[PDB]
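Entry featuring darunavir.
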Amino acid sequence: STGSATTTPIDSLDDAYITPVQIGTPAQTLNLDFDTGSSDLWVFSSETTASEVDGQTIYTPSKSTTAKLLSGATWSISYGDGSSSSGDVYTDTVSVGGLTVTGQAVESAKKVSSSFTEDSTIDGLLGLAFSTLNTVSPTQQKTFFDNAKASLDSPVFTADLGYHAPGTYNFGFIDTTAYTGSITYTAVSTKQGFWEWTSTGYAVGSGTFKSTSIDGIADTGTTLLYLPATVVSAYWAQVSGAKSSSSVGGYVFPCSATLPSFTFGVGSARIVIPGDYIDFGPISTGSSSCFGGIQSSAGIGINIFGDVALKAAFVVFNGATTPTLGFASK
Ligand SMILES: CC(C)CN(C[C@@H](O)[C@H](Cc1ccccc1)NC(=O)O[C@H]1CO[C@H]2OCC[C@H]21)S(=O)(=O)c1ccc(N)cc1
Ligand code: NA
């Protein structure tokens, strides 16, 4: 089997991407944030505290003839941005772009934190990291991809995110028209539960390539590119007027500035992020200062190849017995 679904930016700056997901019988369609850096599929629901719902579409398990409460199971998750959610667990039928999994664990939120409430465009998360990170207790549950994998034509999914435009998540096949050149594959460590890999280095603009190992995670759920402070300082030093602002929480730059590209290495191959992918718009409404899309990972504990990096590539998440990651230009 295969599936193919379009993913759409939530706003004009690509602050996140949402993908429609059919849950239950009859289908209830929710727009979920596909997140290769976490492993829970959770949704706003009829069980979510009423004051914490503000415009999201909810899943109502009592209206799904295929839903079954998973006895004794609860979940509770805390994310890198300080947000959180928690609740109980149903199994139900879940379809993405024509690919159907029966008995998928659907984590129904009883509580969500303020950031989730305040974002009316995201109805929940669909985690695509490794199932070892799933938070369901006392019996850990599998991701949508893990449940689907054996049925897929090939045990892979691909992310093809657009810059200020929709893109595509495919399951079970590689669309050879979606990229140029070849796909270069690179080793993955699953020891932290992430699609963790080692980039071979970077270049800024037209500068020469610096060979240096950068360990980080391929994360569709993170908006920006978070890298070591040395790398980030070298990038912003090439942007006239850019500065790190402790009040804003990162590097900012004059909104009209010409941003250089940023290149990262995948083995001997190179992925070039165009400069305008690095522009996240005014720091506050009406400001002449803009927020940068490459920021220091100091304090995170891990480097994150988020959407700023991934949207410059066609990315293969290869779930073979020994997982690997593939990157192609496009
Ligand atoms: C989309 C959000 C709901 C989650 N985010 C991305 C997500 O992939 C993070 C990415 C992530 C990963 C590690 C450290 C920080 C952030 N994963 C994460 O927090 O996973 C949690 C699952 O349980 C815990 O065990 C693993 C980490 C925890 S996020 O971290 O909040 C985030 C979102 C946007 C940006 N620009 C930066 C970070
Ligand atoms: Na394309």
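Note that chain A carries the PDB entry numbering, so the residues on display, from first to last, are 1-330. Counting convention: from 1, in listed order, for ligands and their atoms alike. Side chains are part of it too, since the values below use all heavy atoms of this structure and drop only hydrogens, waters and symmetry mates. Determination method: X-ray crystallography, 1.3 Å.
The ligands or chains attributed to darunavir are ligand 1. Lab note: most contacts to darunavir come from the chain UniProt lists as Endothiapepsin.
The part of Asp35 lying near darunavir is the side chain, judged by heavy-atom distances below 4.0 Å. The entry's source annotation for chain A reads Cryphonectria parasitica. Looking only at heavy atoms of the protein, atom 20 (O) of darunavir is closest to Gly37 O, 3.5 Å. Regarding atom 4 (C) of darunavir, its nearest protein heavy-atom neighbour is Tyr79 CD2, 3.6 Å. Taking distance alone, with nitrogen or oxygen atoms compared against 3.5 Å, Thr135 stays at or beyond that limit from darunavir. Near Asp219, meaning under 4.0 Å from one of its heavy atoms, darunavir places the atoms 6 (C), 7 (C), 8 (O), 9 (C), 10 (C). Rounded to 1 Å on heavy atoms, the UniProt active-site residue in chain A nearest darunavir is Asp35, 3 Å. Residue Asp81 has at least one N or O atom closer than 3.5 Å to an N or O atom of darunavir.
Residue, atom and distance of the protein heavy atom nearest to atom 33 (C) of darunavir are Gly221 O, 3.7 Å. Here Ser78 has backbone heavy atoms under 4.0 Å from darunavir, and that is the only part of it that gets that close. Scanning the protein for heavy atoms near atom 19 (O) of darunavir, the closest one is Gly80 N, 3.0 Å. In this structure no covalent anchor for darunavir is modeled. Of all protein heavy atoms, the one closest to atom 38 (C) of darunavir is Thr222 OG1, 3.8 Å.
Per UniProt, the domain of chain A home to most contacts with darunavir is Peptidase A1. The set of residues with a heavy atom less than 4.0 Å from darunavir is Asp33, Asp35, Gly37, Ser38, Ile77, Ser78, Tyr79, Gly80, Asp81, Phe116, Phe194, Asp219, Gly221, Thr222, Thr223, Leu224, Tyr226, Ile300, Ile304.
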